[PDB]
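Co-structure: donepezil and Acetylcholinesterase.
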Number of protein chains: 2
Amino acid sequence: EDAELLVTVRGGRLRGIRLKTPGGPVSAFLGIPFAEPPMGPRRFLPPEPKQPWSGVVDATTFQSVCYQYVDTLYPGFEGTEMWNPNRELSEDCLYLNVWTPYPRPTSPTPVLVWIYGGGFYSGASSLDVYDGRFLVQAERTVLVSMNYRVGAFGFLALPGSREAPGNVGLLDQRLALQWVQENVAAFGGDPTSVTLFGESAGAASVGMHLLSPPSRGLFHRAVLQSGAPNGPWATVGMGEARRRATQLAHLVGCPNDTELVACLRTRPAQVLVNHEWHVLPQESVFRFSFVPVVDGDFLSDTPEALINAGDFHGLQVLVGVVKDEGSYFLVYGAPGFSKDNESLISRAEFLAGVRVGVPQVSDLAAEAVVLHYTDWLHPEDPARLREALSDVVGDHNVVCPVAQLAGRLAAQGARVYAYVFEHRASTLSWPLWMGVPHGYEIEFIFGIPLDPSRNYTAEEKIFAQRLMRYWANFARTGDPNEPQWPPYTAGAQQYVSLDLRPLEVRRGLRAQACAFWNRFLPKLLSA
Amino acid sequence: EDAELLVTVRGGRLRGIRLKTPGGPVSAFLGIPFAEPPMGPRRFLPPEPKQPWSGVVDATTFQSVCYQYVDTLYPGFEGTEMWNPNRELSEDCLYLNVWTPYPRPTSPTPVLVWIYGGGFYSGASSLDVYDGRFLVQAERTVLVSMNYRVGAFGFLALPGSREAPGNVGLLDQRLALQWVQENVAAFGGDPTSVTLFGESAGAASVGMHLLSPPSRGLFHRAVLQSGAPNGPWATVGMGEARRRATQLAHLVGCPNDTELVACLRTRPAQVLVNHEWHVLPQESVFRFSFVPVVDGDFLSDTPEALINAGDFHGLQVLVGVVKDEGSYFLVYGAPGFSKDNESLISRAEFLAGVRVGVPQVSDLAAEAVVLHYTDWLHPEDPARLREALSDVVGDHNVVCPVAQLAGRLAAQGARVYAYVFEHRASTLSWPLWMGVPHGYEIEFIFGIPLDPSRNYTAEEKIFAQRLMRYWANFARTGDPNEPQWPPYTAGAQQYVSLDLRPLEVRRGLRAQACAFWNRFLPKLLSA
Ligand SMILES: *[C@@H]1O[C@H](CO[C@@H]2O[C@@H](C)[C@@H](O)[C@@H](O)[C@@H]2O)[C@@H](O[C@@H]2O[C@H](CO)[C@@H](O)[C@H](O)[C@H]2NC(C)=O)[C@H](O)[C@H]1NC(C)=O
Ligand SMILES: *[C@@H]1O[C@H](CO[C@@H]2O[C@@H](C)[C@@H](O)[C@@H](O)[C@@H]2O)[C@@H](O[C@@H]2O[C@H](CO)[C@@H](O)[C@H](O)[C@H]2NC(C)=O)[C@H](O)[C@H]1NC(C)=O
Ligand SMILES: COc1cc2c(cc1OC)C(=O)[C@H](CC1CCN(Cc3ccccc3)CC1)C2
Ligand SMILES: COc1cc2c(cc1OC)C(=O)[C@H](CC1CCN(Cc3ccccc3)CC1)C2
């Protein structure tokens, strides 16, 4: 046997596997249990630490994916399938993965912890696009990724109840981070240099750990890609969480909070998934039924309030967005959109699309959106309308929540670096009109282009290596730099473009659009 | 005696004067009485037709200027003095002026009728800049201009009362127009071709005659320069007119409508003028105490409603603005502004200036203004802030009311031509930062540069001749064209730039800005 692939952690012994990479081997420990399986009476409850085991746990393959909806929108299309579960679904799903250089580092090595996105309703650490093998070999880090509960299993909340307190998926993440603190040294990782990074709901997760004191001691630096805890999709208030939980019970034949959860616990996991989208109150894109709930516990206040009131001295954070954050979402409900035509919508479809992209706001707020995003010299031009609705959804859900987070953190003591990712992958299957869509920077950060079996270009490989170096520099030092990448500040608002050309420094994260969403529109909604 | 200078009109015989002009002689009949002097018991009352006289009235000089405030902001500065009364003040002021070619035309000639601006509180037909001799000689038109009551004497209203019904200044204008119908043929003018033109409050007056049926039979075309009847300064509601009238009475020692007006009729004219500005409810620029009142009589409803509900087929209209409608107004009250420095204001002064320029709106509405007019990449640049406040005032008071009117008229049957006047006069006394300010296209339309005694460049003389041709072409044919000047439409929104260069066609009268003022902001104020 190979001693490099045998590790003893606090709970017992593990057997890993040696993996090939174009640059040399790496060691991988996949499917390490970090919590007791949250099944049966355990459903909806906070995770409990995994009890010690005798013998050797086989950490040689990815474990199951947490129960979740499977996207049926374009069956067999690789653009949607790459995000779907690639292992069987199970509620017995709380496992994490460690990648380390081969042979294992003997001196403490900086740790990256990946939190996957997927709207808090989907995702898995086993997806191909999250393969940590390239980052670990090229940049000599330890990489950890964990599965955490999603959808009703992670975030159904009956606030006040002990049975379904909400946010347990976030506690799954915290438990994995405590696991890293306690065991990552056994794999050569340095528990004193832990950088959290995540995308979309994973980024929103990272931010929530920044704003929750019990988690803030489990890591040192943060990377938020295309997501933020203050996103209008990332949290729900207590009353709407209760209504969504109560409607879900009703749709599956249930029924006292205790009595309601007890009946929910009797239902097959798949039954809850089958009705998940039906508890959304209005037609929408970029909205998800079961998300973190602001209840005073995990989050003592709203993320916006917590951001505006925080001392962030000593924090370095790396944030950014893709060029077209909104386009991807339009084909899941905006009238007139399809990946298979050019989606050259009419003004009437644009107007209807605005209510789908900004659901549950006053007619006055919707008019304000139409005012800002209409070119009144070309009010009915279909191409401009398509781009404008994509900007509405992208600005409102991603860019402007990210800009607000970065502005407040910088103005309150944190060093912030900002990027816009502007390269469209040669391999992208989605239509050209979607531009650079949500999620398609991840494969470059993880160095997937280095995989020879895939058909990336030679400068795409160099680009991936640049990005891995930036990300790993930030993990090691708080500074992505080795043309220079300057910090983002509330005044100068500098960020860099990431593409095949050299770094170009630019100003303003859609500053005009984000003044509307971050400064004016809240005032309108309060009055 | 000279027969060219003798004319008989319905009220009796008139003697005029022969005027010299760089291009040839013109006949002028200045100071023709068209109403009984509205003095004593007649103050605040509708005008009464001039009773016929025996003998010959000498119409040889301008009559007195209607009682009015005199601008004291920069004493002896020609930029302010040129607008101040150049004849003694009197309530005995209801006289009009006719200019005709010498010798008198042999065939019926098109008539231009000028209505001066001055915020409805000031102005006079005698000002040097309204000298009709050049238009008449260059373009062989008949030109008429009238005095009409201003300030409290023209527009103090106690709505419902017979003693101060309001709008008598507009009835002064209407009576003069009836005089033109009955008498202009005696000067060679064609009463079937009468074109109204006016600037600022005169433009708004022209517009109100378009929307008042009794006036509509007295003219055929209209020209609105830098003003519109739907401007937020040009009308007041019944209750606010009553409150201003009542506060004016209170401030001059007056306690029943008839008893109140009777007490006011005893006060010296100058005493009413001395208190005129004190009835404005809030600190402001571009607001005037006594303006046309929406009463159900002269205006069946608000100008905005009448515009939106009217059939305008068969109407030709020429409308336009200067490049910098707002700058002039800032030195009358916006903090940090002066003609004598560069008025490089701070953000704090800008914010304060926005409430002065947009008085009596909700805090939320003010925030919406700040959002649209702040460049959030340069929120504090003094030069940009100065230009932004000027655009706020120019867009809100002039450009966007003119654009709304032009768009509605075109879409409802009228042929519309639109211009932006972009030439800054060589002789201009105001600082360079004001650009092309409110009012400074008038001297070119009237051909004042052809006066040799003045020091205009030769190119300005050519330019004035071009502009007179456009105006007279429109007056004769409804079409300024002889590069072509296309009609303005709600869709294409085409207009021409007027300066020393040839006609350049452009699109949108500040369209992004005016969507905010005309489409969104009203919805906000009602909610
Ligand atoms: C672009 O596609 C949308 C969606 O239609 C789907 O994709 C097309 C490629 C084609 O295969 C359609 O039949 C598919 O349904 C079109 O909008 C749809 O129009 C139909 C009827 O005309 C309607 O029943 C759907 O609800 C519409 N989908 C909406 C509103 O989201 C759209 O018209 C296409 N654009 C074109 C053809 O120019
Ligand atoms: C630009 O001028 C304004 C107006 O001030 C007047 O004109 C100046 C040329 C100078 O002679 C001033 O003293 C005049 O009062 C300045 O704003 C004024 O500032 C003073 C304080 O110094 C204050 O008492 C006034 O109320 C201000 N007036 C207004 C209308 O706000 C302004 O500071 C000057 N800007 C410069 C010099 O950059
Ligand atoms: C089935 O019903 C619905 C399903 C969805 C929506 C609305 C729905 O109806 C309201 C959405 O808005 C979602 C659209 C996202 C699906 C996942 N992808 C790929 C991706 C996954 C993870 C990270 C980054 C990208 C992005 C768009 C799904
Ligand atoms: C004394 O108080 C005030 C006086 C004025 C304002 C506010 C005031 O206090 C709030 C204004 O806003 C007015 C500013 C105009 C004065 C006349 N001119 C010249 C002109 C005359 C006729 C047509 C076109 C231009 C333009 C600016 C006057």
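In what follows, chains carry the letters A, B, and so on, assigned in the order in which the sequence lines appear, proteins first and then strands, with residues in each chain numbered from 1. Indexing begins at 1, ligand by ligand and atom by atom, following the structure's order. If you check the header, you will see the structure was determined by X-ray crystallography, 2.5 Å. For the numbers below, each heavy atom of this structure counts, side chains included, while hydrogens, waters and symmetry mates do not.
Within the model, the positions assigned to donepezil, copies included, correspond to ligands 3 and 4. Under a 4.0 Å heavy-atom cut-off, the other chains found next to donepezil (ligand 4) are B.
Within 4.0 Å of donepezil (ligand 4) on heavy-atom distance sit the residues B/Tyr69, B/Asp71, B/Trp83, B/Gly118, B/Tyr121, B/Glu199, B/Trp277, B/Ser284, B/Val285, B/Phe286, B/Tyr328, B/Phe329, B/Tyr332, B/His438. Scanning the protein heavy atoms around atom 7 (C) of donepezil (ligand 4), the nearest turns out to be B/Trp277 CZ3, 3.8 Å. Every atom of donepezil (ligand 4) is numbered from 1 in the order shown, and the set under 4.0 Å from a heavy atom of B/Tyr121 is 13 (C), 16 (C), 17 (C), 28 (C).
Of the protein's non-hydrogen atoms, B/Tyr69 OH, 3.3 Å is the one closest to atom 1 (C) of donepezil (ligand 4). For atom 20 (C) of donepezil (ligand 4), the nearest non-hydrogen atom of the protein is B/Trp83 CD2, 3.6 Å.
Filtering the residues that UniProt lists as binding huperzine A in chain B by heavy-atom distance under 4.0 Å from donepezil (ligand 4) yields B/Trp83, B/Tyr328. The residue of chain B annotated as active site in UniProt and closest to donepezil (ligand 4), together with its heavy-atom distance to 1 Å, is B/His438, 4 Å. Below 4.0 Å from some heavy atom of B/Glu199 lie the following atoms of donepezil (ligand 4), by number and element: 23 (C), 24 (C). Residues of chain B that UniProt annotates as binding huprine W and that have a non-hydrogen atom under 4.0 Å from donepezil (ligand 4): B/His438. In terms of protein heavy-atom proximity, atom 10 (C) of donepezil (ligand 4) is nearest to B/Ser284 O, 3.0 Å. Taking atom 15 (C) of donepezil (ligand 4) as the reference point, the nearest protein heavy-atom neighbour is B/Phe329 CE2, 3.9 Å.
Backbone and side-chain nitrogen or oxygen atoms of B/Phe286 are examined, and one is located within less than 3.5 angstrom of a nitrogen or oxygen of donepezil (ligand 4).
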